[PDB]
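The structure described below contains sampatrilat.
Residue indices begin at 1 and follow the sequence shown. Each ligand, and each atom within it, is numbered from 1 in the order the structure gives.
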Amino acid sequence: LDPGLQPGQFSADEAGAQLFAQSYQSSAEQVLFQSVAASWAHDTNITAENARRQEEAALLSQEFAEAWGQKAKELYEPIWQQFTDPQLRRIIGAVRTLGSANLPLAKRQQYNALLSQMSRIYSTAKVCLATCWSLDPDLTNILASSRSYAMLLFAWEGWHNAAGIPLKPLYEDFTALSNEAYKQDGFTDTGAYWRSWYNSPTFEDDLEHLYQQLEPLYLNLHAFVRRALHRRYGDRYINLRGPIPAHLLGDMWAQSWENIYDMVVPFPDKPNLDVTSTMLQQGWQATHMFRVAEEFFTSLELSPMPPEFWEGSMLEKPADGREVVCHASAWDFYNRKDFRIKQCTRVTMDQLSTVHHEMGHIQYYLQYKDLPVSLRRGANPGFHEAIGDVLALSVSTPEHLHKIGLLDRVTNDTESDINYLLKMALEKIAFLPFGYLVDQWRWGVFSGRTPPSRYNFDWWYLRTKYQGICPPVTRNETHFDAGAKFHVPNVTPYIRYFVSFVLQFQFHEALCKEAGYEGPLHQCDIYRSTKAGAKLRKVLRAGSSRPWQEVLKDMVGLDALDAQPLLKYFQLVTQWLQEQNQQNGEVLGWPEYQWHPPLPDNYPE
Ligand SMILES: *[C@@H]1O[C@H](CO[C@@H]2O[C@@H](C)[C@@H](O)[C@@H](O)[C@@H]2O)[C@@H](O[C@@H]2O[C@H](CO)[C@@H](O[C@@H]3O[C@H](CO[C@H]4O[C@H](CO)[C@@H](O)[C@H](O)[C@@H]4O)[C@@H](O)[C@H](O)[C@@H]3O)[C@H](O)[C@H]2NC(C)=O)[C@H](O)[C@H]1NC(C)=O
Ligand SMILES: CS(=O)(=O)N[C@@H](CCCCN)C(=O)NC[C@H](CC1(C(=O)N[C@@H](Cc2ccc(O)cc2)C(=O)O)CCCC1)C(=O)O
Ligand SMILES: *[C@@H]1O[C@H](CO[C@@H]2O[C@@H](C)[C@@H](O)[C@@H](O)[C@@H]2O)[C@@H](O[C@@H]2O[C@H](CO)[C@@H](O)[C@H](O)[C@H]2NC(C)=O)[C@H](O)[C@H]1NC(C)=O
Ligand SMILES: *[C@@H]1O[C@H](CO)[C@@H](O)[C@H](O)[C@H]1NC(C)=O
Ligand SMILES: [Cl-]
Ligand SMILES: [Cl-]
Ligand SMILES: [Mg+2]
Ligand SMILES: [Mg+2]
Ligand SMILES: [Zn+2]
């Protein structure tokens, strides 16, 4: 470790810990920068050489964490928990938590190589027929636009086999090393460390209680959509009392159902609220999508994207041969200057939402860039996920789409409302069970309740339990279907997204009220509300300097996650779907839990 970066001397009392914390953060900024820079260099240009440089950058961060962490334990381990300044307790408590830097050097190298190899498997997997399809755009477009059961099945099976199977041995090894590292910091397993970010002793119970409120909305949406699919695919491929085959819902993971809106829209004679075809007819490209998203942010008197963002970002998939990680991402280089998005942008309405999601991450980075590096985080990780989704809620309204030229026809009637709320339910309510289950699966793997011998059995137990889907071909434990979802091999926690899909409606309600809007919540558009912008800016500028419960109280008037704003938003369609399902004599749920569809006659082709 370079001499500039090593801890010096500090007094073993609270006053010395303040000076230690100040000096830690000054050096950490430079270690953060070299780490982000090396991760960026590779994911936009996947080469063996860039992988090696990234592993070397990771090893430097471990050296730094060990040096300062051992210094913190030497001076403050028996006393920091009683320090009077709560912000200091948070920083010292983090520095004493060494993470993978607890691992001896050989195991650090093994850990870092596993993360590199797991990333590469996921982001270079292909499905082959001589010629081969990538996840993004090829398989993504098949799942979204094909209505051929056998083609959808070829893409779904091809992807899950190609990405999952080779990951399993690596994921087993990663899990053990990760647990070994965090156990030395005092956590029972890695999942307990991840959950600690929310600083709530009742986190898991609080989440389960939220899901109990939301589940009836999902069950009714599920039953209605299953009926719509039955009308298209027939009684052989859809069981009206069983789980939906997992490849028919528009998305590789059945996690958003937006793409099947045309099969479920209740009143197709009203305006077509999927504006993709109009974006295509009008010639939108990726740069238009990012500039329109930026202009929403500046309409609120939030910050434009700086030149470094436009000069450095990757906004389309390279067509010059390179392999890149196409999964969208937003980067803080921790130098207060460089902030970038990497997105393999496609010209679609749901991608326009994704652009806003990613720019929300950038806006957060811009607003807290001058805090100490350890406070340059969301008030909790769910806050970071909600920012862009909140703006996108306004952007998707038919009223806003009209303003930006994407929906000529204007209507304000009950049918048009049901159409819009149904479309939003396909995006937001359908996600909730998936958002919830992914880290239930991973928490059980980290705790050892789900050993390798049950990775897929327990995955599909949860997928059926919560989402009411089933795999369309037979799976066994050589399959590793969790590993075919980006966040598993890339070791990105997922419960942040369940939190953010609830939180974003709490934010929407608060901002709409601040903007002076007095209509139905689902028709609010906060565009050009500088008062809403100022209220949002306060959250963004706080970073993680204050407990999330108190930041939330200042913003929305309550100190807890609450499902009521989401329920208020959807109330009209919640009532409508319940009435429709009763009228159609639906079974809510999937009591034929064993059912799986047959194979097509000529399968594989
Ligand atoms: C789409 O249309 C709706 C409905 O419009 C009303 O209903 C239809 C059937 C016709 O009668 C229209 O002429 C009506 O306007 C619009 O929602 C209404 O928006 C207006 C604001 O533009 C709202 O009026 C405000 O309401 C404030 C709150 O008071 C209400 O709340 C009490 C409970 O405390 C409730 O019981 C009562 O109904 C009150 O009206 C009030 O402070 C303020 O001064 C103003 O009166 C009205 O409440 C809205 N109705 C509903 C049902 O939400 C949408 O704005 C319109 N959308 C678009 C995009 O144009
Ligand atoms: C680690 S980092 O430096 O690279 N920066 C992170 C953000 C740091 C936040 C600070 N803690 C990052 O960029 N992460 C990538 C991830 C990508 C997306 C992702 O996976 N979304 C989940 C769930 C989801 C969320 C919103 C939505 O509307 C629909 C689905 C998914 O698609 O399954 C794919 C497109 C939308 C986001 C992200 O932005 O959150
Ligand atoms: C687990 O499954 C693999 C994959 O076989 C496919 O999936 C099964 C669930 C089943 O539906 C099979 O009909 C599918 O072909 C099995 O490995 C394959 O076994 C077949 C024999 O059926 C053989 O021809 C292939 O070479 C094997 N490999 C592949 C990639 O297909 C495996 O035997 C199953 N059992 C175990 C314990 O892994
Ligand atoms: C990709 O990485 C290699 C080194 O691995 C480098 O020589 C090359 O310039 C990079 N390409 C781009 C477009 O940055
Ligand atoms: Cl965060
Ligand atoms: Cl999280
Ligand atoms: Mg789409
Ligand atoms: Mg989608
Ligand atoms: Zn995000």
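- The ligands or chains attributed to sampatrilat are ligand 2.
- Bound to sampatrilat (ligand 2) with the largest number of contacts is the chain that the PDB entry calls Angiotensin-converting enzyme.
- Using a 4.0 Å heavy-atom cut-off, the binding site of sampatrilat (ligand 2) is formed by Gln255, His327, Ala328, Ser329, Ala330, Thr354, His357, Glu358, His361, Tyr365, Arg377, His384, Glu385, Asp389, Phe431, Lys485, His487, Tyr494, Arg496, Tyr497, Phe501.
- Atom numbering of sampatrilat (ligand 2) starts at 1 in the shown order; those under 4.0 Å from a heavy atom of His384 are 9 (C), 10 (C).
- Protein non-hydrogen atoms do reach within 4.0 Å of atom 19 (C) of sampatrilat (ligand 2).
- Note: no N/O pair closer than 3.5 Å links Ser329 and sampatrilat (ligand 2) by distance alone.
- Distances between N or O atoms of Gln255 and those of sampatrilat (ligand 2) include at least one value under 3.5 Å.
- Chain A: most residues in contact with sampatrilat (ligand 2) are in UniProt domain Peptidase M2 1.
- Every atom of sampatrilat (ligand 2) with a heavy atom of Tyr494 under 4.0 Å away is listed here by number and element: 22 (C), 23 (C), 31 (C), 33 (O).
- Residue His487 has at least one N or O atom closer than 3.5 Å to an N or O atom of sampatrilat (ligand 2).
- Per the entry, the species of origin for chain A is Homo sapiens.
- Close contacts between sampatrilat (ligand 2) and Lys485 involve ligand atoms 31 (C), 33 (O) [criterion: under 4.0 Å to a heavy atom].
- Below 4.0 Å from some heavy atom of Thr354 lie the following atoms of sampatrilat (ligand 2), by number and element: 35 (C).
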